[PDB]
Each structure stands twice: as C-alpha cells, then as structure tokens.
> 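Below is a structure containing epothilone B. Please help me interpret it.
By convention here, the chains are lettered A, B, ... following the listed order of sequence lines. Sequence positions for chain A are given in the PDB entry numbering; the residues included correspond to 101-329, 351-465, in order. Chain B is numbered as in the PDB entry; the shown residues are, in order, 2-430. Following the PDB entry, chain C residues are numbered 1-36, 50-442, in order. If you're wondering, the header gives electron microscopy, 4.5 Å. Just so you know, ligand 1 is whichever comes first in the structure, and atom 1 is the first atom listed for that ligand. All heavy atoms count here, side chains included; hydrogens, waters and symmetry mates do not.
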Amino acid sequence: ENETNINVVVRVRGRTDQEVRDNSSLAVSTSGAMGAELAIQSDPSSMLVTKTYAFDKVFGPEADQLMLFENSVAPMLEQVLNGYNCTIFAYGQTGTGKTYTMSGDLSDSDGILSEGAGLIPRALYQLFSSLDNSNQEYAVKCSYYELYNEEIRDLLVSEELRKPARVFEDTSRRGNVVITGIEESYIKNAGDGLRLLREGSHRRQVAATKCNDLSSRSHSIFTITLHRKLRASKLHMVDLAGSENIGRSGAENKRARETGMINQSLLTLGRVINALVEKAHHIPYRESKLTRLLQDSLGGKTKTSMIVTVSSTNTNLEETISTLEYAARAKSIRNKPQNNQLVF
Amino acid sequence: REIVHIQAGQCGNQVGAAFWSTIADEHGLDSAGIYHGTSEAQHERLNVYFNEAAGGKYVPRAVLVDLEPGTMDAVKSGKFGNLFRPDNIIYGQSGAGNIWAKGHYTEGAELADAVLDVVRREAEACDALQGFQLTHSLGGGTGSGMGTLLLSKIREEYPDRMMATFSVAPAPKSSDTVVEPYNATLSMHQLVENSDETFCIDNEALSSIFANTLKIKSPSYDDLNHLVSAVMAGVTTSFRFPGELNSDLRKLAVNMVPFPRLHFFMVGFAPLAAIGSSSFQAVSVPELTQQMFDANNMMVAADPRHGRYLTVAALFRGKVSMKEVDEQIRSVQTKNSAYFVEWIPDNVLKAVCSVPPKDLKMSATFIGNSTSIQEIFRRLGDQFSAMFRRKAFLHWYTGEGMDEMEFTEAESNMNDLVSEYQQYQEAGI
Amino acid sequence: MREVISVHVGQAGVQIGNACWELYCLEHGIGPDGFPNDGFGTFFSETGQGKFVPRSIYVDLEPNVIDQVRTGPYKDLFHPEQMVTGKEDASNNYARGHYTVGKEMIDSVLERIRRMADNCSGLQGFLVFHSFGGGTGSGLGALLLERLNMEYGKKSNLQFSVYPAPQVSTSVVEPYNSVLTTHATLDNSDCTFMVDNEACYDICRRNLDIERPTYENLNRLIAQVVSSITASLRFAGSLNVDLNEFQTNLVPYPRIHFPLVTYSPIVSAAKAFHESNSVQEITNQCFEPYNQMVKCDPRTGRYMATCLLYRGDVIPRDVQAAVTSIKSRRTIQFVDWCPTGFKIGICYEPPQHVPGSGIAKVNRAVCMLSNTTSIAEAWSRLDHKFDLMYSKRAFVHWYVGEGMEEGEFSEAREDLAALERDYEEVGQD
Ligand SMILES: C/C(=C\c1csc(C)n1)[C@@H]1C[C@@H]2O[C@]2(C)CCC[C@H](C)[C@H](O)[C@@H](C)C(=O)C(C)(C)[C@@H](O)CC(=O)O1
Ligand SMILES: Nc1nc2c(ncn2[C@@H]2O[C@H](COP(=O)(O)OP(=O)(O)OP(=O)(O)O)[C@@H](O)[C@H]2O)c(=O)[nH]1
Ligand SMILES: Nc1ncnc2c1ncn2[C@@H]1O[C@H](COP(=O)(O)OP(=O)(O)NP(=O)(O)O)[C@@H](O)[C@H]1O
Ligand SMILES: Nc1nc2c(ncn2[C@@H]2O[C@H](COP(=O)(O)OP(=O)(O)O)[C@@H](O)[C@H]2O)c(=O)[nH]1
Ligand SMILES: [Mg+2]
C-alpha cells in the first residue's frame, strides 16, 4: 500500500520500592494488555482528570522481549527481506529505558542465545536465522558509530580517524544521505554480529547522571547493509539520548555540552515533526546532523518505527505528558515504499 | 569582558585601519597608542578591546592575517604602525589567487597552526571572553579560503563563545572579481554552520548611499570602509559606556535569531547628511527612525519593502529616552502591517547608550532581519547556476584538491538556506 | 523594631533600588554619612559611629550598572562587600538566569543574606523586586525566592516586580521570561505588586506634562509607592497598617495575590498651584484609571479587596464620609461575597518629595492597593503572545540548548491559564 504507515509504541518502565512508597506517584498507565487510551490524572477522584491519548501498543511494567519483538520488529524484519529500508528508534525522558530498548543486556550466553538483550540482538539473530533457510546467496555488512555534539565517532574502530570534510549527498537519489569517511565492516554470520557489537557498544561515552550511572549521553546508531542475492536494504537501529532537565544533572561546563547540544537536537527533533502536522512550504530537515540522516526516515520513502519509553514514577509532570504529543501529533503523515533490485 | 578581533584577508586589513582608527578616537587614545582621557567612561571600559602595557600604552586585541605580503606593510610600515604588537601580525609569502579552494586547502594548512597559536595567548590573557570577531571578505581568496578554515577551528576550540563576522557580500551588478559565484557559496557553506551570525554588506548598496544622500560621486574605498566602522562601533556602543538597558552583544543574538539556521542580518545607519543637507536636517528621535526603514539606507541591495522584517534591534548612541523611540514606531507598525511578521508579535528590540558621539547630537545604529536576503542568495545561486553546469573556472579548485561533487553539497546547503525564508515572507498560519 | 531588609536582582533591581534608597534617606534626613522620628532606622544597620549601612544587597551578573553606584554619589553609603557582582550576564536567557550561571553565584549571595539575617533583632519579611522581561532579574530572582522560602519558612515575602505589556517593549523574549518566571512567583511569594512600564510612563506624559521622561523620572514614581507602604509604618501615625495586614486584607485565597498599585495625587508643578486637595477628590483620583500602574480597565472588572494608605495631614472622618461616596454611590460594584472591601489606615506625617522631579510637594498622599478582578486581562495579553511565540517553537533553541526541557512550556500555559481560572471564578457573581 501507500498509506500513512508510521509505527509508534509506548512501553513504560517499572517503579522501584523506594520511589512510589515515598512519593505516591501518578495513576496514568495500565497493566499493558493492548494499546488503548488511558487518562491523564493525579488525585483521580478529584479535580485533576483531563484527557486520554490514543495509542497503538501501550505496555506497562509487564511486557518482555518476545512479546514486543514478534509483533513490532518481526513484521518489519520480513519487509527488510522483502527489499525495503526500515527505521527503528527509541525516544523518551532520560533514565526510562530507551537505551534498554535498543541494547538491553550483556549476558551473551554464547551457547545458544542471550535473554533480555534488547531489540537489536533479537533483530540480529532473527534476520540471520531466516536467511539461512531461504535458498539464496547472502552477504552482510554493518557500520556502527555514534553522534555526539554535531560530531561523528566511529564505534567500530578505536583508532583516531574521522570524516575528511562533511556528510555527502548524491545525484542518484534524494533519500540517500550518505556518510563517507567512516568504515563499514563485513559480517559472515550471526556469530559475527555480537562479535563486533560487544566492543562496539563499549566505545561510546557512557556518562553518569545524578539519576543513573548508565543513562548515557551519546547517540548510538547501528546500520546494516545486506547484499543478498543484487539488492541492498539499509536498516537503521538508532539510540537517542534523554531530554535532560536543568537541576537533575549537576552539570558543569564539561557536562553541559552533552546536556545542551543533546537537548538542542532533541528540540530539533520536535520541530521536524511539528512542521509535519500541516506540511507547510518548508521542511526543515537540515537543522542538525540528527535530522539530516533521518530525512528519508521522517516522512520520506522509508518505513519508520518509533518507541516512546517514559517514566510512570512522578519524577515530573512537565514532560510526563509532553513527550507523548510527538507520536500523537505526527502520526498522520504519509510515505512511499519503493523497491530495490539494483540493476547492474 | 574582552572579545577577539581577526582581520583575515585583504579586506580585513583595510577595514581594520578604518575600524581601530574610530575606536581609538572613541576612547580617547591617540594615533600612537598612549592615553588621553576625557572622563571616567573612557577610563573604565578600555577593558573591552585593549590589553595593558607599561605606562599609558595600550595594545588592541588583534590578529591581522593575510597571504599577500604587500598590503600588510601599508599598516605595519604605514600609519598606525605603533599600535599593533608585530608578533600578532602574521602573514606568509605566496598569494592566494582569489581562490577559496587554496586558502582552505594549503595556506591555512601552513599558517593556521601558527595563526591559532597567537590566538591562544590572546584568549587566555583575559578573564571572560565574550565574542570572537573575524571581519573578512567573501570575494577574494584570503578573506574567504582562510576565512572559513580559521572559522571552523574555533567552534571545535571554544564551543561557548560567540561569533560576529562582518563578511562583505558580492554584488549582483557591481561585482569586482570573476570568481565571485564560486568564491561566495563555498564560503557560504562553512559560514551558515559554524558562525553564530553574520552581518552582510554589499558594495553596490554602499555606493547608493554616497550617490543619493551625501552626493559624492567620487569616493574612495578608504572613504567607504570609513562608513562601515559606524556599525562596527554601533554594535558594541551599548556596552562600552554607561548605558541604560540591554547592553550586551549576547542580548542581541539571543533574540535576533529565531531558529538556529538563518542567522543573517541587514544593517542600517542614521543620521547622515552632506554639508549642504547638514544644518537643514534636524536631529529628532522620530526623525531618525524614518530614515532607518528606507531602502535607501541599507547595506545590502535587497529591497526590505519587498520582504518582511522578522526581528529589529535598535541601538542608539546619544541622548534619547524610551517612548521617544517607540511612539514613532507605533505609527510605523500601522503604516507597515505588510512589513512586520504577524506570528512573531512585538518584533522590536531597543538599546540606549547614554553617551553622545563626536560632532553629533544623536545617532542610530540599525540591525535588521528581513526575508529579502534570500533574493540576493537566489541572485547568487543564479550566478552560481550558469557557472557550474559548464564546469568552467573549475580546475583551479580541483587542481588544488577539492572534490567536484563537494560543490553540489554546498548548493544543497545554499538552496536550503534560501528555502526557509519563503515560509515567512508569506506567513498566515 | 519591625525590621525589614532588601535584595535587588537585575538592573530593574538596581535602578529602582537606586531610587528607593535615595527617597528613603531624604525621609530619614541622612546623606552619605547622616544627620546634617527618633531613629526608627529599620532600613538601616547602625554602626558605632554614624555611617548607617542600608540593609540591602544588589545582585547583577554584569559589572556595568554596579560600577555606576560604586562611582556615583552613593559609593560612600553602602557596604562594598554586600554589593555582589557576577561575571557574565544571563542575557535574556531564563535557563542561564534560573539555572546555569545563577547556581555559580547564589552561594556567594544566600550566605551574605544570612549574616544580615542573623543581625536582625526580629525580621518580619522583605522584598525582591526585579524585571520579568530581562535576563537576570527574571531568572536569578526566580531561584532567589525558592532558595529562600525553603530556608526561612514562615517569614513574609513581597516583590514589586515590573511587568511587560504590548505597547512599549524592550526585548522580544518578554513573553518567555515572564511566564517562565511566574511558576516561581506562584508558590514562593506571599504577594506581588506588578507594575507596567507604560502606565508608569503615561502619567509622566499626561498628568505631569513632561514631554520626554527618562527612567529616573519613571523610577521616582515607582519608589514612592514603595515608601508609602513599609516606611509608612515607620513614621508615627494615627493608624497602623502592618506588613502582616496586607497579607490579610488583600488575599482571600493563596492564589489570588496580585494587587494593583495606584498613587495619588500626582500633579505637576504649575497645576497643584491652582488646585486644592480634599480627602474626597484625591480618593476620586484613586479610582480613576488614569493613575493606574498596570494598563487595565478597572471599571470593567470588580474589586475583591482594597487598601488605602493615606499619608500626610489627614482627618479620619473624611475617610468614612467619602468612602461611602465611592462605595455606596458609584457604579463599580464590589464582589458580592466580600462584605466590606475597604481597609484603610492613616499615617500622619507627610510624604517627602525629591527636588528634581516634576512631582510637587503636597500635604497628603494616597497609595491605593487593590486586588481586582480586572487584572485578568493582564495575563491574557501575555498568554496570547506566549501562544503564538510557541506555536512555531521559535526562540526556543536558546533555552533547550542551555538545558531547560520544554516540559515547563506545557506547564507554564497550563498553570497560568488555571491561575486565570480563579479570577474568572472568584470574580463571578
Ligand atoms: C555633518 C554630519 C552629521 C550631522 C548631522 S546634523 C549635523 C549638525 N551634523 C556628518 C557626521 C555624521 O556622523 C556621521 C554619520 C559621519 C559619517 C562618516 C562619513 C565618512 C562622513 O559622513 C562622510 C560624508 C565624509 O567622509 C565626510 C564628508 C568627510 C564627513 O565630514 C561627513 C560627516 O561625517 O558629517
Ligand atoms: N521600572 C523600570 N523598569 C526598567 C527600567 N529600565 C529598564 N527596565 C525594565 O527592565 C527590563 C530589563 O531587565 P534587566 O534588569 O536588565 O534584566 P537582566 O537579567 O539584569 O538583564 P541584563 O542585566 O541586561 O543582562 C527592560 O525590559 C525594562 O522592561 C527602569 O528604569 N525602571
Ligand atoms: N522497562 C524496563 N524494564 C526493566 N528494566 C528497565 C526498564 N527500563 C529501564 N530499566 C533499567 O534501567 C537501566 C538502564 O537505564 P535506562 O532507563 O535505559 O536509561 P535511558 O532512559 O535509556 N537514558 P539514556 O541512556 O541517556 O538514553 C537498567 O538497569 C535497566 O534494566
Ligand atoms: N578596499 C576595499 N575593498 C573592498 C572592501 N569591501 C570589499 N572590497 C572588495 O571586495 C573584494 C574582496 O577581495 P579580497 O578578499 O580582499 O581579496 P583577496 O586578497 O584575494 O582575499 C575585492 O574586490 C575588494 O576590493 C572595502 O571595504 N575596501
Ligand atoms: Mg536510552
């Protein structure tokens, strides 16, 4: 079809014992059976009950990997094998689980598989699995790097090499925003996927907040090139950092760069979909390097998925509900899926 | 509160001797560098541009970098040669060639290491930097090819401070060199990204001032660069004296820039009149503001009436109170409802400095932000368009080592900078 | 001693504060040293010799206006360790104002208060007045209350912060820095006395016939209603209107605490000469909207509660015979649920005039304070502006690029409109 296909899902985290037993937090999210509009309320049998937000897949502190992975990623894994580009990325407040959403665990029990490892190691094997039994030739390449303060660092290599000048366009397509000056690596099997992603995810800059010692600041981005046979569908696995508040960081001038410039691009991610509620005479894709790359993703020729991981603990009411308007407003935009058999 | 000044290029050189001449006269310094104060305002805020020395000898924060070794001797061996520390003056041997792709390929790769080293101790020797000026040109090679590479280091160097570049623009008609559509848009690629903002100035517009207001048809460039040093002083006029409000270079750019892409501005100045029009002119605050919104008082030949004003910052030098300014602007924003942006209401910034100029009673420094500036850019890209499809004047760039498809990246950057203003020139949402 | 202290943040804190302490010293008859009614120096700390230290602290992030006080005619008055200056200004950025550079400067300010707080005999409450429009007083003053009301708890908090309006504007983030401030002022301050720059200006044009007034002519109007509240107790009078009493006679609910200010008689030099001054005709001036301090329409709305602070030679029965001439006769009804509406006291001693303003000496003066329902059209002016400034997210990257999440922008318009939902509800017969 040629419909308004933009995938958005919401999976909140779980409270800890010290939080709500001290705070008596919000009653806004359900136990997570299926996607349905809930409420916005606190002191619920009183004069704060305002409105609900229509959903696709709401899940409380109840959902797991294979409950999400078979219904969200796996109908689009087949689209990758069908010869289509796809885009999956997470978003939300810092310290909620959107780094857990992409890359969750480092258990990595290499007898068979790992458990709880996040969407990318599930989407790692389950594209190598079905490709082994579909009687065609295949070649697998990947490239995994980061985005940090309008700069790009290759997480594949630890050497100190970077781009020569700039990110390039091409005269071949419009949807290409190619990034040269950076290495992609070759992958034989499922046994080479985690083999490079393990030290590769370790190359980023995991900073330490007042809230979490794991809620990082970079933008992990995991690209895949699949030369199966003559055809190639690029796949984007993107992490995004958190919408950092002022006082919950303790940030000095060294930390303000990965506070301000990060929130600068997250604000930029606002207006690139705030301008698509009506799609006026300009689409500001070129405001930062985060949105030049997502130009074919956001409202382009690429199928796009989105994860909104928020906190149900009352750490805020400022962007408790403000971040859900992003999927709510820009749901109704259209795309155009095009085929890819590169004719030699 | 110090800023760092760069005169990168030949136009950087001849504006600076026009710049620092009217600055040193403004604080009371002589032509040499010794001090001669009038009152306490000139005693306390020489801490804006000038580093100290023994006695009353002052040294301006400046680096003046060229690749052409000739014209630097006109200010080194020429006049005001006792007013620059010659360690700061630094320049190589080979000329550029009016080439963007040579000042950014090889010469910056052989000077900007040693140029930046002089910038190190000039930045460290203050307490709090404010801005980082690199007043240069876009026409030739030195002010452009070094003017981008010397720019692009500092954002990687000092990611907090501010950039105020006064790069002059090519003309749609009165252009001076032949490489102008290439030597602009390559520099326009680097300047949208890394610079915080710029103030464009076009010589073809500047000739219209002397041909309509002052009625001189035979001026000089040294006369012409003398005029831009009004608004050079006009920006930091609000800071270098006891003011009354809104005194900072940062207080401009935090609310003259609505989105972090556009960053460009239009410059006006008032009053100015010839000796025949001297006494018959009166100097009134409503009388000044009617000059500042004429298309015969702008420094870029695009018609501001053709566009819409996003933001306006008025900076006044002299004796002027609050609603003296605004009550005339009240009638302006009635007569010009097609000239003010509706979705940004209350689009007027004002700034009052409580010190008069010399030989004047009042003065008005104007900063504008139209949507007319894209037309010059569309004029510039149209000049770029026919120059590139034939791929002529090409191998003096790739022969130095810049990629062929790298231009199409700059045009795509250039076209998108044009493509944001047509939302706002016709904006009812 | 019923003791009070002062703080001052931003240039509005400086310039109004420069005019507050001048008018205080002429009331208590002290110059720089003092003594060229018996004591009562609650504004002042008494040293062992006679150099009375004004109990105050100026806070500015940019050492420009503080140099004016430390060089002008009042450098020989203050405690130069108390006049704390900053390093770099907030520069119209509430994120810089409230969070970033303010955190690196509050902890040389809050402890400076404590030494002046522990020198109190018994401290009642005090006053934090600034601007909403600018940088520092909008932002640092917002943190200055919540880092104070956390500490001192049950002690009183007032603020006379000056407020923006659509006729006259200075900066263009004045919608943002007002509504980002009003979260701080809602739950920390007991009360606030908002005042316009325009209605403050217009009385200096109409009812003073001064053609082009300046800011010191604005501020001397502003500081006089400041004198007519606190130091009105500090002259022995026939009645007493305490700082606790405004926190009873003007606030039914904990959210409704936004009175207006009205001063009378404000009559110029050649017009009080050829005029009498009754008790009744001056209270008639008070309910004229031409002496109002915020551009509102009080005859449209109703009055929840009023307060009349008389000064000068006043008999207390033309209080009662003329208040019913306003209450029981006129058209403007009060709130049906407030049964009286009036609280009023008489302070015996005359107000003091400065020798350099258009205002003249007068044997009686009224400082009308009233919590109205017609101030709901003050917040609708900003929230309509804050709507359209936000709907394209313009001028937001200078805030989120510093560290404020956009979630306050949701709660700003949510809380402020809900704060207007009490003025439409309590003022609803
Ligand atoms: C007479 C006059 C302003 C004025 C208004 S009402 C009144 C009385 N005087 C101007 C100065 C005015 O300050 C500018 C903007 C001075 C602007 C500076 C330029 C260089 C001069 O205006 C320009 C015409 C010149 O180069 C010459 C002719 C040499 C200058 O002398 C002219 C010249 O400067 O005279
Ligand atoms: N009442 C009053 N208000 C004034 C006066 N002068 C300026 N203002 C107001 O003060 C506002 C500016 O506030 P500031 O005190 O400068 O704010 P800030 O954070 O200190 O900003 P900077 O110090 O300039 O960096 C202007 O927008 C005016 O509305 C004055 O004399 N009286
Ligand atoms: N839904 C969840 N279920 C279980 N554990 C969770 C969940 N969400 C977060 N966690 C835990 O939270 C920790 C990871 O921090 P995380 O919440 O992912 O930060 P973040 O929100 O992704 N911020 P950032 O890394 O800056 O983008 C791990 O201990 C996870 O187990
Ligand atoms: N003398 C002078 N020329 C100017 C001025 N502004 C722009 N120009 C012209 O603009 C063009 C820019 O050239 P430029 O960079 O100085 O030459 P370069 O040495 O090759 O870099 C030349 O034609 C200059 O003459 C000015 O104020 N004075
Ligand atoms: Mg995350």
> What are all the ligands or chains assigned to epothilone B?
ligand 1
> Looking at this structure, what macromolecule is in contact with epothilone B the most, according to the PDB entry?
Tubulin beta chain
> What other chains contribute a heavy atom less than 4.0 Å from an atom of epothilone B?
B
> According to the entry, what organism does chain B come from?
Schizosaccharomyces pombe
